[PDB]
*Asks:* 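Shown below is the structure under consideration.
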Amino acid sequence: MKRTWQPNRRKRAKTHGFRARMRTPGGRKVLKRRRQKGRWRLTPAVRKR
Amino acid sequence: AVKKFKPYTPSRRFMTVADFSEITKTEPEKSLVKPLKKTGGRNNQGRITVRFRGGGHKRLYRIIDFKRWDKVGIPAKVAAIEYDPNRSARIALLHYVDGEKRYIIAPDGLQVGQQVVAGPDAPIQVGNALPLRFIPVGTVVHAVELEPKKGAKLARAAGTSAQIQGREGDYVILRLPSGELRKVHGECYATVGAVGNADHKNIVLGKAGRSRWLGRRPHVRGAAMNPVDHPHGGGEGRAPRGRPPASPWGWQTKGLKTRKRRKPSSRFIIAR
RNA sequence: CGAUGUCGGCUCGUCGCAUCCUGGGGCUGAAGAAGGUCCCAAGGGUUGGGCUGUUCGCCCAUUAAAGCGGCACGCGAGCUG
RNA sequence: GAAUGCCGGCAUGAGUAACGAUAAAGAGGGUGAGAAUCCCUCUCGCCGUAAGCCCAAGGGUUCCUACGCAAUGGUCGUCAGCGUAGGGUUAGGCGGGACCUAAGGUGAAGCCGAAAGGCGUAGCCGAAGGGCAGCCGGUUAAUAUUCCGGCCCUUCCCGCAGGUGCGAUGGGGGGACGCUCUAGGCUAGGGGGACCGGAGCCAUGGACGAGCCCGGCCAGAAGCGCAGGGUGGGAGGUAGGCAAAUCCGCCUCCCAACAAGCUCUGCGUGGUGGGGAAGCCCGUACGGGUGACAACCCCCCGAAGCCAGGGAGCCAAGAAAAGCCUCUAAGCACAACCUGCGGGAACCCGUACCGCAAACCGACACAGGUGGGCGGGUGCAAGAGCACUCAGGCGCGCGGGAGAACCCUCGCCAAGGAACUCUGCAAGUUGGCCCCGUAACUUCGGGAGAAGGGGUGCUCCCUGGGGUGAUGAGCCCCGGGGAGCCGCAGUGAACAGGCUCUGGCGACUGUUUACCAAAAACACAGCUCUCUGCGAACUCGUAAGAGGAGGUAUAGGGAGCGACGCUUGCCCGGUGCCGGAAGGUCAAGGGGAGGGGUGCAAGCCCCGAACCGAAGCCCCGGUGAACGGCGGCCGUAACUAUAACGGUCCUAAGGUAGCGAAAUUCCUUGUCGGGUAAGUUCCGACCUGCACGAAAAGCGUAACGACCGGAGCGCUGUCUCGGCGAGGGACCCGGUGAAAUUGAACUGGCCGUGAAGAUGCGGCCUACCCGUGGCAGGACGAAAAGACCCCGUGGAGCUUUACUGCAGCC
RNA sequence: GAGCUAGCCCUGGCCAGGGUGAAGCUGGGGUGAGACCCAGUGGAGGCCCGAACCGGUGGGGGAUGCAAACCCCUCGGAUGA
RNA sequence: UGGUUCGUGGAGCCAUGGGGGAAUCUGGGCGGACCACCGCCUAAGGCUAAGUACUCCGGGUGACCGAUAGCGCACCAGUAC
RNA sequence: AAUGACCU
RNA sequence: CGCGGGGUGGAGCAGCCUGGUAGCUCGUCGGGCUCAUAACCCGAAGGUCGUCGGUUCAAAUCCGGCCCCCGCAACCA
RNA sequence: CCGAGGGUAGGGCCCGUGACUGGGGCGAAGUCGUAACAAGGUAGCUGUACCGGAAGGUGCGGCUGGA
RNA sequence: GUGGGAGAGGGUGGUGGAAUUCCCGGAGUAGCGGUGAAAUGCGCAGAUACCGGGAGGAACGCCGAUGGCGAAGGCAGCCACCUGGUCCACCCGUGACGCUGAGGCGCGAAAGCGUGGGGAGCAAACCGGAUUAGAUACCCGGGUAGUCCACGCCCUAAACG
Ligand SMILES: NC[C@@H]1O[C@H](O[C@H]2[C@@H](O)[C@H](O[C@@H]3[C@@H](O)[C@H](N)C[C@H](N)[C@H]3O[C@H]3O[C@H](CO)[C@@H](O)[C@H](O)[C@H]3N)O[C@@H]2CO)[C@H](N)[C@@H](O)[C@@H]1O
Ligand SMILES: [Mg+2]
Ligand SMILES: [Mg+2]
Ligand SMILES: [Mg+2]
Ligand SMILES: [Mg+2]
Ligand SMILES: [Mg+2]
Ligand SMILES: [Mg+2]
Ligand SMILES: [Mg+2]
Ligand SMILES: [Mg+2]
Ligand SMILES: [Mg+2]
Ligand SMILES: [Mg+2]
Ligand SMILES: [Mg+2]
Ligand SMILES: [Mg+2]
Ligand SMILES: [Mg+2]
Ligand SMILES: [Mg+2]
Ligand SMILES: [Mg+2]
Ligand SMILES: [Mg+2]
Ligand SMILES: [Mg+2]
Ligand SMILES: [Mg+2]
Ligand SMILES: [Mg+2]
Ligand SMILES: [Mg+2]
Ligand SMILES: [Mg+2]
Ligand SMILES: [Mg+2]
Ligand SMILES: [Mg+2]
Ligand SMILES: [Mg+2]
Ligand SMILES: [Mg+2]
Ligand SMILES: [Mg+2]
Ligand SMILES: [Mg+2]
Ligand SMILES: [Mg+2]
Ligand SMILES: [Mg+2]
Ligand SMILES: [Mg+2]
Ligand SMILES: [Mg+2]
Ligand SMILES: [Mg+2]
Ligand SMILES: [Mg+2]
Ligand SMILES: [Mg+2]
Ligand SMILES: [Mg+2]
Ligand SMILES: [Mg+2]
Ligand SMILES: [Mg+2]
Ligand SMILES: [Mg+2]
Ligand SMILES: [Mg+2]
Ligand SMILES: [Mg+2]
Ligand SMILES: [Mg+2]
Ligand SMILES: [Mg+2]
Ligand SMILES: [Mg+2]
Ligand SMILES: [Mg+2]
Ligand SMILES: [Mg+2]
Ligand SMILES: [Mg+2]
Ligand SMILES: [Mg+2]
Ligand SMILES: [Mg+2]
Ligand SMILES: [Mg+2]
Ligand SMILES: [Mg+2]
Ligand SMILES: [Mg+2]
Ligand SMILES: [Mg+2]
Ligand SMILES: [Mg+2]
Ligand SMILES: [Mg+2]
Ligand SMILES: [Mg+2]
Ligand SMILES: [Mg+2]
Ligand SMILES: [Mg+2]
Ligand SMILES: [Mg+2]
Ligand SMILES: [Mg+2]
Ligand SMILES: [Mg+2]
Ligand SMILES: [Mg+2]
Ligand SMILES: [Mg+2]
Ligand SMILES: [Mg+2]
Ligand SMILES: [Mg+2]
Ligand SMILES: [Mg+2]
Ligand SMILES: [Mg+2]
Ligand SMILES: [Mg+2]
Ligand SMILES: [Mg+2]
Ligand SMILES: [Mg+2]
Ligand SMILES: [Mg+2]
Ligand SMILES: [Mg+2]
Ligand SMILES: [Mg+2]
Ligand SMILES: [Mg+2]
Ligand SMILES: [Mg+2]
Ligand SMILES: [Mg+2]
Ligand SMILES: [Mg+2]
Ligand SMILES: [Mg+2]
Ligand SMILES: [Mg+2]
Ligand SMILES: [Mg+2]
Ligand SMILES: [Mg+2]
Ligand SMILES: [Mg+2]
Ligand SMILES: [Mg+2]
Ligand SMILES: [Mg+2]
Ligand SMILES: [Mg+2]
Ligand SMILES: [Mg+2]
Ligand SMILES: [Mg+2]
Ligand SMILES: [Mg+2]
Ligand SMILES: [Mg+2]
Ligand SMILES: [Mg+2]
Ligand SMILES: [Mg+2]
Ligand SMILES: [Mg+2]
Ligand SMILES: [Mg+2]
Ligand SMILES: [Mg+2]
Ligand SMILES: [Mg+2]
Ligand SMILES: [Mg+2]
Ligand SMILES: [Mg+2]
Ligand SMILES: [Mg+2]
Ligand SMILES: [Mg+2]
Ligand SMILES: [Mg+2]
Ligand SMILES: [Mg+2]
Ligand SMILES: [Mg+2]
Ligand SMILES: [Mg+2]
Ligand SMILES: [Mg+2]
Ligand SMILES: [Mg+2]
Ligand SMILES: [Mg+2]
Ligand SMILES: [Mg+2]
Ligand SMILES: [Mg+2]
Ligand SMILES: [Mg+2]
Ligand SMILES: [Mg+2]
Ligand SMILES: [Mg+2]
Ligand SMILES: [Mg+2]
Ligand SMILES: [Mg+2]
Ligand SMILES: [Mg+2]
Ligand SMILES: [Mg+2]
Ligand SMILES: [Mg+2]
Ligand SMILES: [Mg+2]
Ligand SMILES: [Mg+2]
Ligand SMILES: [Mg+2]
Ligand SMILES: [Mg+2]
Ligand SMILES: [Mg+2]
Ligand SMILES: [Mg+2]
Ligand SMILES: [Mg+2]
Ligand SMILES: [Mg+2]
Ligand SMILES: [Mg+2]
Ligand SMILES: [Mg+2]
Ligand SMILES: [Mg+2]
Ligand SMILES: [Mg+2]
Ligand SMILES: [Mg+2]
Ligand SMILES: [Mg+2]
Ligand SMILES: [Mg+2]
Ligand SMILES: [Mg+2]
Ligand SMILES: [Mg+2]
Ligand SMILES: [Mg+2]
Ligand SMILES: [Mg+2]
Ligand SMILES: [Mg+2]
Ligand SMILES: [Mg+2]
Ligand SMILES: [Mg+2]
Ligand SMILES: [Mg+2]
Ligand SMILES: [Mg+2]
Ligand SMILES: [Mg+2]
Ligand SMILES: [Mg+2]
Ligand SMILES: [Mg+2]
Ligand SMILES: [Mg+2]
Ligand SMILES: [Mg+2]
Ligand SMILES: [Mg+2]
Ligand SMILES: [Mg+2]
Ligand SMILES: [Mg+2]
Ligand SMILES: [Mg+2]
Ligand SMILES: [Mg+2]
Ligand SMILES: [Mg+2]
Ligand SMILES: [Mg+2]
Ligand SMILES: [Mg+2]
Ligand SMILES: [Mg+2]
Ligand SMILES: [Mg+2]
Ligand SMILES: [Mg+2]
Ligand SMILES: [Mg+2]
Ligand SMILES: [Mg+2]
Ligand SMILES: [Mg+2]
Ligand SMILES: [Mg+2]
Ligand SMILES: [Mg+2]
Ligand SMILES: [Mg+2]
Ligand SMILES: [Mg+2]
Ligand SMILES: [Mg+2]
Ligand SMILES: [Mg+2]
Ligand SMILES: [Mg+2]
Ligand SMILES: [Mg+2]
């Protein structure tokens, strides 16, 4: 059947990107938490040009 | 007149379509004056706030003239009468000698080629606009302003009118389509005649689809729902309500008057 | 009750006798024939349809007879639902 | 030592199930340590509206090559989408960005919010939409619309040359638009040819023949030719297009009325360029040479594509902005602008490879999911259907035997033909086209493919229309008539309704429980009730604000009913809602009669009755397509039976029409009648309606229904009652090799006994040791800390005239 | 978290081929003029048959599956809600 | 209304959303309703070290662990997945 | 402000 | 089987709970109006209160045991 | 070739029968009321509509077969 | 044919006043409605009676007749338009063109049906208050369809002279 993962580079970027997270206090805290944690990747790596 | 069909299909046996014979050879509209992009959307910034809206034909807005006092004294020739997707009525395309082209909402009896004009001057004829004062008591009228210089707001639906009843210092009394008795300021413009397309009420949609074409989504009964959804939801195999009938939001829907009492508008109203 | 699947049908059977038939017998208000009634006897047999989820039952057509009951109201790690 | 404990390790089932579609394999020859599995050749099978091809998404090195097989591959592996290394992705013209706007996002001004933040006209951002200049070939192991060849374009900048008032983010025009059906002419694509070109081939009885086989194309500027799209030309007046305008708009006169003229596309043709089979020979994993100085011609079919902004009809009435054209304002008119021609300038990002899949989403080389374009030939009425088949790609990454039970999928059957069974569940019959031929009923459409029938191949003869063509040959579409041949059988294979009768429910097409319910439930037009006068009601939000609606009573919100036909009674006592400037009650507040505590006193501070006080409730009315309700007991007719009639109690009123053992009937298989040999079901009636009933509508209703019930015909493996055969598994051999479960086991029957159902206790009986294929009665078998039931002063969803608050409203 | 699912908004795309034959148009007929009736043309429809395509009706298989919804046969819709 | 031990209590003091609304030393607040008396303070502007809290970081020590422990990480870990 | 058994 | 409501003249109903009096309507009987009947008018009669027990000075009434009458309930399995 | 007839399928008319149901005719002295005929005690009759155990009543219009 | 005449003949548009009902203001009290008699009902929440203003629908007093017009049904305030039948005079024109009429077609009171509009009064059904033995009737108070309009049906009558 159709499963739940339907990859889209634009969606992933607009949805979970560094700039989206930065836009709101909710998201800014996510970066803070991930930084303090020592996460190698703050936001998902969306590729291609 | 109303177009009628033979039952060559079920739902074609009741279905019924407007007569478009008053639609003069001018079916597609007029750029310049209108259209605008019209912005379909069944809801506010976010959430739906009027249920069951959506779908249905794309539309172009015809930006019509609801304040006729710009062109006081300037007459215009009625050039055409065309279909307007965004109202029950039809619209008149008129050419002002000025050059400017406006649409007026099209009254009953309006003929193409006719002369029409607005102002204190203005022969009392179908199509003309006047401040309510100079209009003879008892004449039927439409596109009436509520307060002066604020635009036509009463009687624009197809086949509607108001009748002038009497006067009272600065106000003339109106009898509105609903039957209400209203004091409306003398200085309010209103155009003589009834609205026309009066056979609008006689049309039978005929099937479900037609409803959808006009963007009317299926309306579901409270009875059909559940207690979480509606006061009428549940219980077992059908149910008669079990309380005084209500909206989904709990207010009673048979009888409960809802106009706020202390409206300052009150001292200008005399009926139902 | 940290689970014994619960009606009926099907399939496969098997046992008890307080025997429906068939075999033996006493009495009979047993002429004969056919019955009644009791005692011995389970070795084998104990039909096909209509209605009902039906068990049961009531019919239709038969039959020597169309037996009653147990086996977790036998049988779902066998089916049916 | 136990916690269905936790992490880890190793066992059991077990060489057991399985090895992922039943499209299929066989051989010869290579390479190699090792070949069913790698390479090559011959044969066979499968796909072919794909299982072929080209894009987009996603993926990200999987592409190519060299060297390799530990692991990954469900077996093997010399092979690989795997390991190691190296190579490979070339653009002004393709796509995206130095262009535009959509929803939406953001947001200067502005508004709002305890804070965080929320809105928000302009502007910006935002694309499978608009705009914009490359076509055909050749090359690499791997890239090419990118490199190269030929042919053809577009932007800038600097020049010269020739024109003109040039000139804006501003005015206008244009861009610019639906759906259905469509004309004319073209192109893509395809069929045929005695014609042109071509290696070649006479086979096995015949054929050296208009014999077989292969191929007869592609691009192409100007200039033409043919199709078609856009569009009127003047002159005045002017108050609108938010400054101006010669532009546009409106008005009036002339001239065209036409594509005549300007243009602008498309298609042919075009200088010229390129390509160019079968077969044969070769050595590649593959390509090369020759065939060739290849030929490159004539017909026919022909689009859904092009000319495109074509045409007709319809109602539900069908984006925006830039480019572009034009107008003028500031300015400037040595600038600038247009046209021609030369030289110069033309960046950034993507380009590999997979892409209906072993490279994407499904943990997997997963029988699932994935948008667009091409998708040839022949026949079958047509077609993207079906059968076979070009091109091209596959035989699905375990094989080998055997020929049991059983299961799966499949074929056939005596005689009977639903006796099967909850039910004809399943399977069968029926089946395409043409022509006959069709009932009740009906809303006049339907019902209808009703039902029931006949024809259907091939050959020869005569003959009617068209299309392309000159009015002709052919070539291509539809027909009619007559003879005759073959077989059991002519839509000879594949694709392709069983039918009727009568009820229940819902009018209908539709929708729903993704993953057990597709329905009589939801929706539906349509009917009524009710709210709403516009800053509407209502909804969302603390607000600003937005929806409603750029709507205005023929409109919008809410509610119930649910096409249609005939209809929808009685009760306003209770509850609700609506209407009542009286009255009763009624909080804060007003008012202070009166009293209290202190002070030597002025005073200061407390209570506090009258009386004046809102909504709300009480009270008076209204209203049932508002919540709802719509009786009991006696007696009576000149045979009995029964009761039109009467008495009486009660109510707010005592159920009317129509239906009625019903999706409703307990007693109940009610009692009659019909279908049956027989009918707890079904149909028609009777009414004793436990417990129908009129918008939670009542009684009907043609049509419709993968809905539910009853019946009959047809036809059958459903059955009597099974039988045989087919293939895939099951079994045997080789290869890889799980799982749930598992206190430990040396794990028999009976009659007992025991926590009341024992392999384990007692007595007796039986029984050599160990497997293999099978069957499921048992191990209260596995699986899930029973769903039901109760318990807990456990938890949630829901309700209301439970309590108590809160929003909201008054 | 709306990359699954539900609704709506913006912008594109897709729907082989067959049937039935509404309005209208045109001709003939009828009338004082009509209504209307015949042909012919025309091509409407939550119309019919049936691929793609969207579904999921019944039965069987599958149940440590190919698959945490699949497969075969059969079936509904297929110019429209 | 909040704050204080103070939950409306005899409920003061301190802060304050709403209403009314003074005074400048013979002026004002407070000492738990209130009044008298005796006393204590000087509101409606602001700043001000140190003593105090914490441990990303460095150092020292341990009747603290010794790789199923000790931080999740002794090992290129907030990594693989 | 109702009614008047049957035939004659 | 459980529950709670009910038996009163000839008929239909009151009267009980706050024990001592049984009342309303119809019917029956006698008289009148009428030619007669009914309607109407005037008079009159009529009640072991289902039974059995006793609580009391006294029971239709209050309390127990039976008997018929009506209504409700009979659920999860 | 046609063809009597037999067969199958479907229509058309006509007759008989059917639980039950509708009204009707007729049958000396059963029931309920009083509709009509005298202004029949509400003039009657009437077409239609609604209602009522029953005659009947009422609304609307009409008639003289009433003053 | 020419010239005239009377008419509530028909269709459309417009308009007038009297009265009833409802609303508003004023003034005003203790009752009003109604019947054979009453009661239901309305009224101290300010009724009936009276005055001023407004709204609305329907029907047209006197003229009016024992009258007129029409084929019938039927037609009545006034105004204008469109429009049929008819009477007289003159004897001008045509020249037998005539009468009737199966079927057909058209019209056709009231009640009734469909769609939308309107609804003051009246009023089937319905609810009451009386009357009666009982009243589903007569009488009284309320009251809905309907009565009114547009369009489309229905086709009846003591449609009668
Ligand atoms: N009589 C013919 C038609 O039927 C009905 O008439 C029938 C009945 O109504 C009528 O019944 C009458 C009754 O009305 C009258 N008041 C009392 C009488 N005893 C009855 O009489 C009837 O029954 C008895 C026995 O049963 C028979 O013997 C007698 O013949 C018969 N007429 O008897 C008739 C039967 O014969 C209509 N009323 C009458 O008007 C109509 O025209
Ligand atoms: Mg919002
Ligand atoms: Mg948002
Ligand atoms: Mg609904
Ligand atoms: Mg529900
Ligand atoms: Mg609720
Ligand atoms: Mg129910
Ligand atoms: Mg409910
Ligand atoms: Mg248990
Ligand atoms: Mg256990
Ligand atoms: Mg014995
Ligand atoms: Mg004997
Ligand atoms: Mg036996
Ligand atoms: Mg059965
Ligand atoms: Mg049993
Ligand atoms: Mg047995
Ligand atoms: Mg038992
Ligand atoms: Mg059992
Ligand atoms: Mg079941
Ligand atoms: Mg232990
Ligand atoms: Mg473990
Ligand atoms: Mg093996
Ligand atoms: Mg085993
Ligand atoms: Mg095995
Ligand atoms: Mg195996
Ligand atoms: Mg495989
Ligand atoms: Mg094939
Ligand atoms: Mg790699
Ligand atoms: Mg490779
Ligand atoms: Mg290699
Ligand atoms: Mg391997
Ligand atoms: Mg594998
Ligand atoms: Mg090797
Ligand atoms: Mg590699
Ligand atoms: Mg740059
Ligand atoms: Mg940009
Ligand atoms: Mg925008
Ligand atoms: Mg914006
Ligand atoms: Mg914002
Ligand atoms: Mg932009
Ligand atoms: Mg684009
Ligand atoms: Mg481009
Ligand atoms: Mg390549
Ligand atoms: Mg080039
Ligand atoms: Mg210029
Ligand atoms: Mg512009
Ligand atoms: Mg030979
Ligand atoms: Mg060819
Ligand atoms: Mg060319
Ligand atoms: Mg200007
Ligand atoms: Mg070549
Ligand atoms: Mg066009
Ligand atoms: Mg812009
Ligand atoms: Mg590439
Ligand atoms: Mg490529
Ligand atoms: Mg691949
Ligand atoms: Mg594809
Ligand atoms: Mg594979
Ligand atoms: Mg796959
Ligand atoms: Mg995969
Ligand atoms: Mg797909
Ligand atoms: Mg093909
Ligand atoms: Mg073909
Ligand atoms: Mg075909
Ligand atoms: Mg195919
Ligand atoms: Mg057989
Ligand atoms: Mg046979
Ligand atoms: Mg048969
Ligand atoms: Mg049977
Ligand atoms: Mg049987
Ligand atoms: Mg059946
Ligand atoms: Mg079947
Ligand atoms: Mg039928
Ligand atoms: Mg349905
Ligand atoms: Mg489901
Ligand atoms: Mg279905
Ligand atoms: Mg299902
Ligand atoms: Mg309806
Ligand atoms: Mg708004
Ligand atoms: Mg809006
Ligand atoms: Mg509405
Ligand atoms: Mg319903
Ligand atoms: Mg009702
Ligand atoms: Mg009430
Ligand atoms: Mg009530
Ligand atoms: Mg009341
Ligand atoms: Mg009130
Ligand atoms: Mg007070
Ligand atoms: Mg006070
Ligand atoms: Mg004192
Ligand atoms: Mg009050
Ligand atoms: Mg019955
Ligand atoms: Mg029977
Ligand atoms: Mg049968
Ligand atoms: Mg029978
Ligand atoms: Mg029945
Ligand atoms: Mg019932
Ligand atoms: Mg019901
Ligand atoms: Mg109802
Ligand atoms: Mg219904
Ligand atoms: Mg039906
Ligand atoms: Mg359907
Ligand atoms: Mg269905
Ligand atoms: Mg079988
Ligand atoms: Mg077999
Ligand atoms: Mg086999
Ligand atoms: Mg042993
Ligand atoms: Mg035992
Ligand atoms: Mg033992
Ligand atoms: Mg032992
Ligand atoms: Mg074994
Ligand atoms: Mg076992
Ligand atoms: Mg087994
Ligand atoms: Mg078991
Ligand atoms: Mg178990
Ligand atoms: Mg438990
Ligand atoms: Mg539990
Ligand atoms: Mg408790
Ligand atoms: Mg979505
Ligand atoms: Mg089609
Ligand atoms: Mg068609
Ligand atoms: Mg036609
Ligand atoms: Mg369709
Ligand atoms: Mg279909
Ligand atoms: Mg179809
Ligand atoms: Mg396609
Ligand atoms: Mg679905
Ligand atoms: Mg199954
Ligand atoms: Mg299908
Ligand atoms: Mg506190
Ligand atoms: Mg406090
Ligand atoms: Mg307290
Ligand atoms: Mg304050
Ligand atoms: Mg203070
Ligand atoms: Mg103080
Ligand atoms: Mg102090
Ligand atoms: Mg103190
Ligand atoms: Mg102090
Ligand atoms: Mg200070
Ligand atoms: Mg400080
Ligand atoms: Mg240690
Ligand atoms: Mg550790
Ligand atoms: Mg260690
Ligand atoms: Mg750790
Ligand atoms: Mg009598
Ligand atoms: Mg007599
Ligand atoms: Mg006699
Ligand atoms: Mg007497
Ligand atoms: Mg339960
Ligand atoms: Mg008959
Ligand atoms: Mg009488
Ligand atoms: Mg009378
Ligand atoms: Mg009478
Ligand atoms: Mg009448
Ligand atoms: Mg009546
Ligand atoms: Mg006249
Ligand atoms: Mg007054
Ligand atoms: Mg003469
Ligand atoms: Mg005649
Ligand atoms: Mg009539
Ligand atoms: Mg009438
Ligand atoms: Mg009407
Ligand atoms: Mg309607
Ligand atoms: Mg009245
Ligand atoms: Mg009387
Ligand atoms: Mg009355
Ligand atoms: Mg009616």
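Reminder, nothing fancy here: chain letters follow the sequence lines and each chain counts from 1. Counting starts at 1 for both ligands and their atoms, following the listed order. The displayed model is a subset of the deposited entry, and contacts were enumerated within the subset. Side chains included, hydrogens not; waters and symmetry mates left out as well; all remaining heavy atoms used.
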*Asks:* Hey, which chain has the most contacts with ligand 1 here? Just the name the PDB entry gives it.
*Replies:*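 The chain with most contacts is 16S rRNA.
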*Asks:* What is the recorded name of the drug molecule at ligand 1?
*Replies:*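 The drug there is paromomycin.
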*Asks:* What other chains contribute a heavy atom less than 4.0 Å from an atom of paromomycin (ligand 1)?
*Replies:*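 Heavy-atom contacts under 4.0 Å involve I.
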*Asks:* Identify the binding-site residues of paromomycin (ligand 1) at 4.0 Å, heavy atoms only.
*Replies:*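 Counting heavy atoms, it is made of I:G25, I:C26, I:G27, I:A28, I:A29, I:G30, I:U31, I:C32.
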